[PDB]
Protein chains: 2
Amino acid sequence: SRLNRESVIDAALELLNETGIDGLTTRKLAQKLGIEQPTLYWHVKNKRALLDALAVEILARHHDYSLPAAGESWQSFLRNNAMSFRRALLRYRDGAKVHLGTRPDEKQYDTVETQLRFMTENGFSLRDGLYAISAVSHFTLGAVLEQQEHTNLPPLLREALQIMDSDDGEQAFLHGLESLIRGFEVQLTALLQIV
Amino acid sequence: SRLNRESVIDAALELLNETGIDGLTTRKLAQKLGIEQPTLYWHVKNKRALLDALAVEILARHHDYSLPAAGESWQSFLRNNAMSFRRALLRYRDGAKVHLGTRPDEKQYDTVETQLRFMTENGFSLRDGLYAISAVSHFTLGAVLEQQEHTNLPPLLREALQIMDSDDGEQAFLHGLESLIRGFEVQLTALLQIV
Ligand SMILES: C[NH+](C)c1cc(NC(=O)CNC(C)(C)C)c(O)c2c1C[C@H]1C[C@H]3[C@H]([NH+](C)C)C(O)=C(C(N)=O)C(=O)[C@@]3(O)C(O)=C1C2=O
Ligand SMILES: C[NH+](C)c1cc(NC(=O)CNC(C)(C)C)c(O)c2c1C[C@H]1C[C@H]3[C@H]([NH+](C)C)C(O)=C(C(N)=O)C(=O)[C@@]3(O)C(O)=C1C2=O
Ligand SMILES: [Cl-]
Ligand SMILES: [Cl-]
Ligand SMILES: [Cl-]
Ligand SMILES: [Cl-]
Ligand SMILES: [Cl-]
Ligand SMILES: [Cl-]
Ligand SMILES: [Mg+2]
Ligand SMILES: [Mg+2]
């Protein structure tokens, strides 16, 4: 079939949904594309470089709230951005494991910069804004990893596992997110007081 | 060498530090123990069951703040428990990836129950206490995963990557933790007011 960048990524995401990250190989990617392994090698050198590219394209295709709206609060932006990040990660099998370990790509340089300058325009230091941005990322990735990778009790534990089951963990994620944003807001409003 | 449970786990953690999770196999475990693969098979059926056991023993050996001290605040307990969880996860190469996906073991039933009852004794609903406990776990695992799995910039991004480098991410982790606990405390003190 066609082996432009877009078709190779399309095939690899479709294979990812079929096999998961551990089972995704260049050999099964060559099979799905109806080509020999050395043909594929011209286009994609190894599994490392494939996963790096998926990680970037899944966010390019499906993370539609990278940027704040005109006049949006920093609280509302972090909320929307976290929900968008979570959705994009959940959209493919093992999607969070695909994202894990990746550093911003040159193609998202300007996005991450904008996020950080935006927080600095709203009264954060670069440091405090970085802390807030990393805490949202680390909380969101952790939540989606346990959700995806989870794919004679004592009473509380029994009832709790029941509660976590009754939805995907969207409730626990959205509640924790509100707690993190409020804690950031309490820190920011304090200035130099003891808080 | 000796193949009691304790010696097999000792060998497997030492191999884990050598190879990482992806490179850890029952074949290299048999080699390190100076045995044949079918001998090992009697003791440990597969990689799945090995990793499940490591995940539990790393916390049994090295997570020493599973439980609150006599008279400890819920805020102080969650802080200490998060730092202890983080330390235990960092202690082995890919330790967070080993933990990821695991459900409490029967051997830790009574620990997780105690944590949840403790939060309920301090004014949380079972639900709100579960949310707080899962938010700490998801935030801690996310932070340690990016730390472990990370193993012509625009200005803010350049300076920020510099800041995250200057330590392991202990600063960003401890700051985010304070934000999460304060957000939980604001939620809890609100009762039925609009907050
Ligand atoms: C915070 N900046 C400086 C940054 C740093 C690193 N890497 C490190 O900290 C590396 N850590 C060492 C220094 C090696 C220990 C980072 O790894 C990241 C990021 C940025 C985030 C931005 C994330 C953001 N959302 C979820 C808060 C976002 O929406 C985007 C986006 N493309 O639209 C992201 O790319 C983001 O999800 C993301 O993945 C980030 C990083 O990975
Ligand atoms: C919250 N309880 C109900 C619970 C549930 C799950 N599993 C799920 O939620 C499964 N999710 C589905 C329902 C499949 C989508 C859980 O997976 C967990 C836990 C408990 C935590 C307890 C963690 C705790 N610290 C870090 C807050 C802790 O110190 C211990 C300990 N042994 O001392 C833990 O075991 C803990 O780190 C941990 O791993 C938990 C869970 O994994
Ligand atoms: Cl072509
Ligand atoms: Cl293309
Ligand atoms: Cl707003
Ligand atoms: Cl023996
Ligand atoms: Cl033993
Ligand atoms: Cl205390
Ligand atoms: Mg990332
Ligand atoms: Mg766990």
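In this entry the chain letters A, B, ... are assigned according to the order of the sequence lines. In chain A, numbers come from the PDB entry; the residues present are 2-152, 165-208, in order. Chain B is numbered as in the PDB entry; the shown residues are, in order, 2-152, 165-208. Both ligands and their constituent atoms are indexed starting at 1 by order of listing. The way this entry was determined, per its header, is X-ray crystallography, 1.9 Å. These values consider heavy atoms only, across backbone and side chains, with no hydrogens, waters or symmetry-generated copies.
Selecting from tigecycline, novobiocin, Desferal, the compound at ligand 2 turns out to be tigecycline. Bound to tigecycline (ligand 2) with the most contacts here is the chain that UniProt lists as Tetracycline repressor protein class D. With heavy atoms closer than 4.0 Å, the chains neighbouring tigecycline (ligand 2) read A, B. The source organism field of the entry for chain B says Escherichia coli. It turns out that the other ligands and ions under 4.0 Å from tigecycline (ligand 2) are ligand 10 (magnesium ion).
Closest protein heavy atom to atom 40 (C) of tigecycline (ligand 2): B:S138 OG, 4.4 Å.
Nearest protein heavy-atom neighbour of atom 10 (C) of tigecycline (ligand 2): A:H151 CD2, 3.6 Å. Of the protein's heavy atoms, B:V113 CG1, 3.9 Å lies nearest to atom 20 (C) of tigecycline (ligand 2). Looking from atom 42 (O) of tigecycline (ligand 2) to the surrounding protein, the closest heavy atom is B:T103 O, 3.9 Å. The residue among A:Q175, B:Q116, B:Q109 with a heavy atom at the shortest distance from atom 30 (C) of tigecycline (ligand 2) is B:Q116. Counting only non-hydrogen atoms, the option in B:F140, B:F78, B:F86 that gets closest to atom 37 (O) of tigecycline (ligand 2) is B:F86.
Of all protein heavy atoms, the one lying nearest to atom 25 (N) of tigecycline (ligand 2) is B:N82 OD1, 2.7 Å. UniProt tetracycline-binding residues of chain B with a heavy atom under 4.0 Å from tigecycline (ligand 2): B:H64, B:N82. According to UniProt's Mg(2+)-binding annotation of chain B, the residues with a heavy atom under 4.0 Å from tigecycline (ligand 2) are as follows: B:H100.
Of all protein heavy atoms, the one closest to atom 7 (N) of tigecycline (ligand 2) is A:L174 CD1, 3.8 Å. Near B:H64, meaning under 4.0 Å from any of its heavy atoms, are these atoms of tigecycline (ligand 2): 28 (C), 29 (O), 31 (C), 33 (O). Within the listing of tigecycline (ligand 2), atoms 13 (C), 14 (C) sit less than 4.0 angstrom from a heavy atom of B:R104. In this structure, atom 19 (C) of tigecycline (ligand 2) lies nearest to the protein heavy atom B:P105 CG, 3.9 Å.
For atom 38 (C) of tigecycline (ligand 2), the nearest protein heavy atom (residue, atom name, distance) is B:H100 NE2, 4.2 Å.
Under a 4.0 Å non-hydrogen cut-off, the residues that form the binding site of tigecycline (ligand 2) are A:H151, A:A173, A:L174, A:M177, A:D178, B:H64, B:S67, B:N82, B:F86, B:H100, B:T103, B:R104, B:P105, B:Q109, B:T112, B:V113, B:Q116, B:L131, B:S138.
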